[PDB]
Engineer: 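Pasting a structure here, questions to come.
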Amino acid sequence: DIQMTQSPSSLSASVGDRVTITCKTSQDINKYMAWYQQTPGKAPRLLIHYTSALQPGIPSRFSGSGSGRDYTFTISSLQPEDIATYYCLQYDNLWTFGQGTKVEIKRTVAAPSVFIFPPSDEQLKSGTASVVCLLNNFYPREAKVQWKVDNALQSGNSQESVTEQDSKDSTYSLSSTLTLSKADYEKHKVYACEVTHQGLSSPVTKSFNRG
Amino acid sequence: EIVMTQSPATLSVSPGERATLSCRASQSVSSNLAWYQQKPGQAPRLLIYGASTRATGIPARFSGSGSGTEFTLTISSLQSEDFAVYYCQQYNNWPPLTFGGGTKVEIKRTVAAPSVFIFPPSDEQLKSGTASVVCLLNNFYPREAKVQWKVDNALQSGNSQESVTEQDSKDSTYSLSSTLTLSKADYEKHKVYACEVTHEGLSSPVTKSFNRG
Amino acid sequence: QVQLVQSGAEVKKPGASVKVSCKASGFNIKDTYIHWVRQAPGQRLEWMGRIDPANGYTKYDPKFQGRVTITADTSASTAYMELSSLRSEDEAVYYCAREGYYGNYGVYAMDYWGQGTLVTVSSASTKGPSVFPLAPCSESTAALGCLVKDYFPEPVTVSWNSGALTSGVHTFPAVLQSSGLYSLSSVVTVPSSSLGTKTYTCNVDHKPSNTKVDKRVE
Amino acid sequence: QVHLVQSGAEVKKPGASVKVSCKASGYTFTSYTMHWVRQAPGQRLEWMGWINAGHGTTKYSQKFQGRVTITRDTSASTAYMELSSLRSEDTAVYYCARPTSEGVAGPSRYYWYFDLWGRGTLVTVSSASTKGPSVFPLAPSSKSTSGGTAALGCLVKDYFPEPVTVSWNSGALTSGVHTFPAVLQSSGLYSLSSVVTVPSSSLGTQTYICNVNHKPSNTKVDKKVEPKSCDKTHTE
């Protein structure tokens, strides 16, 4: 019957900033405290065990401290490769992982590189046309995609997704798909993707003519 | 936790004979079982480890066997010094490391019925607050007996304490003393005071009583 | 040298049972403890249990006790986890991890983790994806990609030029179509100068349907 | 010449703390782990926890977690066990135990069986203060007789701490003596009884005195145990 509290649930910081995560146990766990890094897509990686024993191969900017019920994880100087959810683990009375801390990076504005892709010949033979818009390496993550078919704004026939933050440049990338039946696709000629973002002075329109 | 059960509670074995001690586990302990010898007022001495391996310096008459949930300690030829309490220990799961309740291996002799005597409280104690009535069962065999206190045919609940001496050096018998503690007018309330004794040595329960006055 | 390889992604119906394998190599499995930890997406790591493979001793979490059974096949150098009476709530990535000894501190620590195993809880049919090229119509940089469409369940892996091309690559999270099938895109930015002097192929693998497509993009 | 030397016995009132020492000799202290095992009077051995003497790393049983602290002094090859918030139930003998082999137990390393032990340290948890005993007789009579033998004794009541050294007739009587072990009462004061079996026929000519000596209160009590006298005699 042991409880744990990991604070905070999420934090934002700039590259070079000091980042601190704390953990509080309901009973003394006698330094049996470990810290794990989990980057997106990948599996957890041990950074520090037994409160302050830094695993060989882990940079010196990472450190742990504490005793009793109170423990602290520090990143002395935040790096772009440090974007991850961090977990604390108590291993004295059985095993309890913390709720986790998502560490996101604050960086300078970066406008997206916009690209438009027509549906392939292979796909058209099947009777469905998927038009794709790509917004590449932008910051902040908020961006708008407006699909235009012969200057008419589209609604209800689009789906989009954004990537996790990048571990090198700290940007995001977005992909939007406009889906139509081959019949409807053949009824129009100009297919356009209009992108609005904080980093752009004026919206960017990427287009192609069917044929 | 792994619950270590040591059976029987006490075992009467004559010298020169073979002493077979049992130890069971609530769940598999593999071959991670140890055996300890404990004489009164002394630290445990390791005899067996790895369920069958003998600790360095331990004489060859001591052996062990078993795996999983059932184990055995064997003393092929029981000596004079060999009479002690024996504990089994699991070291398969931790925390907690658990030990068994122990088996006291006593020297064997004939079934001796106890001499049952009841002592009323003295005037000196009665002049003070408390009143202590003593039931004595001395020079009996086997150790296990049941002394029940009865006051005006009414049984007694946690109103008494008892102690037993270590097995006699000559006639290997046991002696038990049970003290029924009351006060005034608790003792001054009732008339008949008795202790009923149940033992292997006699046919029916032995009842010894006295009337206040 | 020290590695922990887990069995592939499973799709099991509710009420059914699931067994996950964890192959240990680069070390002796009888010298370390093996833990099972689960994780739903965007949620916490939940410890389920531990096994000492040398003696087969198991310690579970009371919320997982009864439904979880962790065993070990020491000869095969593998650890198993069986989860009976599956519910929709049990859908998560299941990880195995080793807890090894540290001589310089006199302690054990959960130090290495496997890749994880996605256990999808569903009655829907497994369906292989269709792979469509993403190429521009007719700038210093150009973009190429693959549209991995109409598959079930998750996941699909996308690599470029058999792992040679990784810089400038973006494999996007899947979107859930009205059909109940997933669609995802993988893209790469390359210099416009190389769109003739170099070949570009996406390598799509959807192991639940035994699908491995290598589509060249031009 | 390999032994474990423990600190002297102690009396502590409830809610207090005790720190039992354990010095080591005849081996390299840092190479082994040190465990602590307790035994309450008339009960089984109870494992408390351990200290890795080389790195200061500890592990405790969950039953003691929060009250037990284990430390080590590498400079003096000594291990310590501290038991906080003492309760009545904590009255036990405390042993420091060293396992047969070096290092820490785990998978394929089952080392938690001990060959080297300390003699023990009794820790008595009682609020009660030093008190000399009250000595009452267990008077012999026809109701104390069996086959020409009569039982008589002394009830040594309400004393603290242990021990009471009980003799009969200043050492002149040794045969047929049964001095029962001490019992801790509800009050937190010990009670004990010493009985003797003598010839029934010589009860009117022999003198039986129990000598109860209690060194902690500097009290000596000599009680004459005479046959059962009568206040009155009656009929009907």
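The lettering of chains (A, B, ...) simply tracks the order of the sequence lines. Throughout, chain A uses the PDB entry numbering, with the displayed residues spanning 1-211 in order. For chain B, we keep the numbers from the PDB entry: what you see runs 1-213, in order. Numbers in chain C track the PDB entry; the residues on display, in order, are 1-138, 143-222. We number chain D the way the PDB entry does; in order, the residues shown are 1-236. If you check the header, you will see the structure was determined by X-ray crystallography, 2.0 Å.
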Engineer: What does the PDB call the drug placed at chains A and C?
Structural biologist: natalizumab
Engineer: I'd love to know the main binding partner of natalizumab (chains A and C) in this entry - how is it named in the PDB entry?
Structural biologist: heavy chain of FAB NAA32
Engineer: By chain letter, which other chains contact natalizumab (chains A and C) with heavy atoms under 4.5 Å?
Structural biologist: B, D
Engineer: Which region of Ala105(D), side chain (C-beta onward) or backbone (N, CA, C, O), has a non-hydrogen atom less than 4.5 Å from a non-hydrogen atom of chain C (natalizumab), or is it both or neither?
Structural biologist: backbone
Engineer: Name the chain of natalizumab (chains A and C) with the most heavy-atom pairs under 4.5 Å with chain D.
Structural biologist: chain C
Engineer: What does the PDB entry call chain B?
Structural biologist: light chain of FAB NAA32
Engineer: Let me know if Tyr108(C) has heavy atoms under 4.5 Å from chain D in its side chain, its backbone, both or neither.
Structural biologist: side chain
Engineer: Specify which of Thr32(C), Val107(C), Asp52(C) makes the most heavy-atom pairs with chain D at under 4.5 Å.
Structural biologist: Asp52(C)
Engineer: So which part of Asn28(C) gets closer than 4.5 Å to some heavy atom of chain D, the side chain, the backbone, both or neither?
Structural biologist: neither
Engineer: Which neighbouring residues and nucleotides define the binding site of natalizumab (chains A and C) at 4.5 Å (non-hydrogen atoms)?
Structural biologist: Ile2(B), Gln27(B), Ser28(B), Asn92(B), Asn93(B), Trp94(B), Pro95(B), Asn52(D), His55(D), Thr57(D), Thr58(D), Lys59(D), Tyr60(D), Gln62(D), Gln65(D), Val104(D), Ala105(D), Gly106(D), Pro107(D), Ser108(D), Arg109(D), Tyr110(D)
Engineer: Short version: PDB name of chain C?
Structural biologist: heavy chain of FAB natalizumab
